[PDB]
Amino acid sequence: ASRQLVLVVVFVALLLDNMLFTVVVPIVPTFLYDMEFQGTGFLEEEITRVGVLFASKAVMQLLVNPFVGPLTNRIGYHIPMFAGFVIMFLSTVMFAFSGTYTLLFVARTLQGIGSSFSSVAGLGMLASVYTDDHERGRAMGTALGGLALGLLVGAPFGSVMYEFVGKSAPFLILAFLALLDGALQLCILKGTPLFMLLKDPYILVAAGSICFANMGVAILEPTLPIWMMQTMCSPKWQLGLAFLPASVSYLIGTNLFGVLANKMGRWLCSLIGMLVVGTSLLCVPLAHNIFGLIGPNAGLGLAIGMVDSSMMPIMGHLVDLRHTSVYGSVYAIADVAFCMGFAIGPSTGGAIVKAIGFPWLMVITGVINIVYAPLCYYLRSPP
Amino acid sequence: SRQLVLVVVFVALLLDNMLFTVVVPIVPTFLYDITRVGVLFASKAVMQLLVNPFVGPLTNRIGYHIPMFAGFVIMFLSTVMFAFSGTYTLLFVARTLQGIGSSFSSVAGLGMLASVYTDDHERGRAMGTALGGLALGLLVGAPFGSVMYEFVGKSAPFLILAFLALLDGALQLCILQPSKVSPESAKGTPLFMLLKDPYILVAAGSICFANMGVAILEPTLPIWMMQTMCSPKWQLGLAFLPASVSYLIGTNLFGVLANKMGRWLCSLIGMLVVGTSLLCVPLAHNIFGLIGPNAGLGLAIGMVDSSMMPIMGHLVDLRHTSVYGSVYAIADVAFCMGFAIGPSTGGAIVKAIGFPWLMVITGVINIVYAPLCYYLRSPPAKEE
Ligand SMILES: COC(=O)[C@H]1[C@H]2C[C@@H]3c4[nH]c5cc(OC)ccc5c4CCN3C[C@H]2C[C@@H](OC(=O)c2cc(OC)c(OC)c(OC)c2)[C@@H]1OC
Ligand SMILES: C[C@H](N)Cc1ccccc1
C-alpha cells in the first residue's frame, strides 16, 4: 500500500474510460456500413439511430450520478471503484464481439454506468489518501491530465487498427489494459449540494457556456465520419486521424491560455473562445478533401481549450465567494455540462441531419455559440 | 489610363474628408469668442444622405466626369465660404454645401473606379487604396487645423485647402476631360429593384452597423472621459488617434488579403472584433486603457469596409446589369447614416440610459449581425 498506487490506478482508469469513449467514433459507422455491403449513400436512413446510440452513455451517467455519493459514504470507496473495472471490462468485451445494433446500445449504457462509478470513487479515494492540501492539487492535476493523453490517442487508434488488424483488436487491447488496473487495485490498503449551486445565475451562465462550447465537438463525432464517407471518399483509416487536430490544438490551447488568461481577464478569453468555436464550426462543412479539415478542427480545439481554461477557475471563485466549497465542487458542475452536452447534442443532431442538410446543423451550432458569446460579460466582477 | 483614375479619386476623397475633420478644432472654440454645435456637425451627413438617391440614376445619363467636377466646384465654394464666414447661420450653409459635394464625389468616384477596373481582385486593391486615402485625410485634417489656428489664424487652413482644391481641379481637367455628356449604353437597374436583393441589403446593413458603432463612440467619449477619468483637454484628441491609425493600416493591408481569405470571413471577423472592442471600451479607468480597443475598432472597420465595398460591384455583376452607380449610392448612404445619427442624438441617448449600456447595445448588435455575413459566400447567378 502506498500513496502513488492510488494515483496510478485513477490514472489508468480515467485513461481507459476516455479511450473507450473516443475509440468508438470511426468503428460504429464503418461497422454498420460493412454489414450491409466509394460506396452507397444509404447512411442517411441510419444517421438518426447512430445519433441516438451515442447519447446513451450521457443519459445513463446523468441518471446514476446522484446515487453514487451516498453509496460511497455507506460502504467506502474501494468496493464501488472495483465495480467500474468490471463494468468497463464487460462493455469492452461486448463491443468486440457484438454484431448487431442492439448489443452496442447495451455496451454504451454499461460504459456510462462504469464511468460514473469509476470517476466518483477514484476522486474520493485520491482525496482520502492525500491530506496535505497542497500535494492534493498536484495529484488532481496529474489525474485530470490523464484524460488528455487518453483523448489524444483514442480516436485515431480505432480507425488505424480497424483496417489493418481487425475489428476485435482495439477493444481486446483496452480490455487487457483494464484487467491490469484491477490487479493493481487488489493490492490497496460537506456543504452546498449541487442542486443549490445551480440556483444562482452566475454559475448557470458558466455551465451553459462550457456546455455550448463543448457541443461543437459533441455533435461532430457521430455526423462527421458519415459525411466523410459520403462526400470526400477518404479511406477508412483516415476517419480517426481527421480528429487529431481537435486534440493536439486543444492541449496546446489549454496550456497556453491557462498560463496567459489571468493577465487579460477570464471573461474575454471565454468570449473569444466561443466566437472562434462559432467561426470554426461555420467553416467546417466547406471542405472538399481531408486536408481542408486541419484548419477548422484546429480552431475548434483551440477555442474549446480557451473556454475550458478560462471558465473552471471562474466557477471555483464563484463557489468560494458565495457558498461553502469542497475539493469536488467544481468537478460536479463541470461534469453536468459535459454530460448534458453529450446527451442533447447527438440525439437532436441526427434528426436535424435527416430533416435538413448536414451543413445547416453546423451553421445552427455556430450561430448558437455566437449568440451566447455576449452573455459572458455578466461574469466579470461578481458580487 | 486606368492608373491615373485612381489618383484622381485618391486626391478627391483626401481633400473632401480633410475638410470634414479640420472644422472640429476651429468651430466650437470660435463661436464661444453643446447641442447647437453638435447639430451643425451632423448637417453634412443628413443632406448628403438625401442627395444620394438623386445621384445614382443621374450617373447613367451624364457619366462619371460631370458629377466629379461638380463635386470639386462645390467643395471649393464651401471652403471659401468657411474661410470668410463669421457667424452661425453662415457656417451651417457651408457645411450643407460640403455635404452635397462629398456625396457627388464619393458616388461618382467609386462608380468610376468600379467601371474602369473589371477584375474582382484588381478592383478590390483599388478600392482599398482609395479608402486608405480617405483614412489619411481623416487622420491629417484635425491637427492641421488646430496648429494653423493656434499659430496663424482662422482663415489660413481654408485658404490652403482652396489652393489644393484648385490644383486637384487642374489635375481633373487634364486627366478626366469633363467637357461632354456621355451616356452609358447599359441601362442599369432601378434603385428600388436593388433594394429587393437580400445580399445588397446584408452588405449595406453590415457597413451601416460598423460605421454606426464608431460614429456613436466618436462624439460621446470626451464627456465620459471628463466625468470619470478626469483628464486634461489635450488628451481628448489623442485618445482617438489609434482608431484612425489602425483604420489606415487595415484599409491599406486587408484589400489584398480579402480576396485570398474570403470576403465573408473578413467581414465576419471584422464585425466580431468591432463588437468586442466596443464592448470592452467602457471598462477603462485611465487614458492608457483605451489604446487597445480603439485600435481593434479601427482594424475591424477597415476589415469590414475593404471586404464589403467590392462585394457590391461583384453582386451587381453576378445578378443584375453592369452599371455601378446605384449600388454605390446605397453604400454611401450606409456610410453616412452613422454620422447622421451619432452627433445629434448621442448626448440625448447618453443622458437617457447611460454610456456603458449604449456601448453594450452597439456591440451586441454587431455580434448578432455577424453570422448573417455567411450568406455572401456564393450568391446564385442570374438565369442565362
Ligand atoms: C470525450 O472527451 C472527454 O470526455 C474530455 C474532452 C471533451 C472534448 C472533446 N471530446 C473529443 C472527442 C474526440 O473524439 C473524436 C475528439 C476531440 C474531442 C474533444 C475536444 C475537446 N474536449 C475537451 C475534453 C475535456 C475533458 O474534461 C476535462 O478536461 C476536465 C478537466 C477538469 O479539471 C479542470 C475538470 O474538473 C473541473 C473536469 O470536470 C468534469 C473536466 C473531457 O472529459 C474528461
Ligand atoms: C471611415 C470610417 N467610416 C470612419 C472611421 C473609421 C475609423 C476611425 C474613425 C472613423
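Lettering follows sequence order; numbering is per chain, from 1. In each ligand, atom 1 is the first atom listed, and ligand 1 is the first ligand listed. When the header is checked for method, it gives electron microscopy, 3.5 Å.
Lab note: drug at ligand 1 identified as reserpine.
The drug occupying ligand 2 is D-amphetamine.
In this structure the chain with most contacts to reserpine is the one the PDB entry names Chromaffin granule amine transporter. Other chains, heavy atom under 4.0 Å from reserpine: A.
Measured from reserpine, the transmembrane segments of chain A (UniProt order from the N terminus) holding a heavy atom under 4.0 Å are 1, 5, 7, 8, 10, 11.
The heavy-atom binding site of reserpine at 4.0 Å consists of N18(A), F21(A), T22(A), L144(A), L147(A), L151(A), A155(A), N214(A), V217(A), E221(A), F243(A), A246(A), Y250(A), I304(A), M312(A), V330(A), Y331(A), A334(A), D335(A), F338(A).
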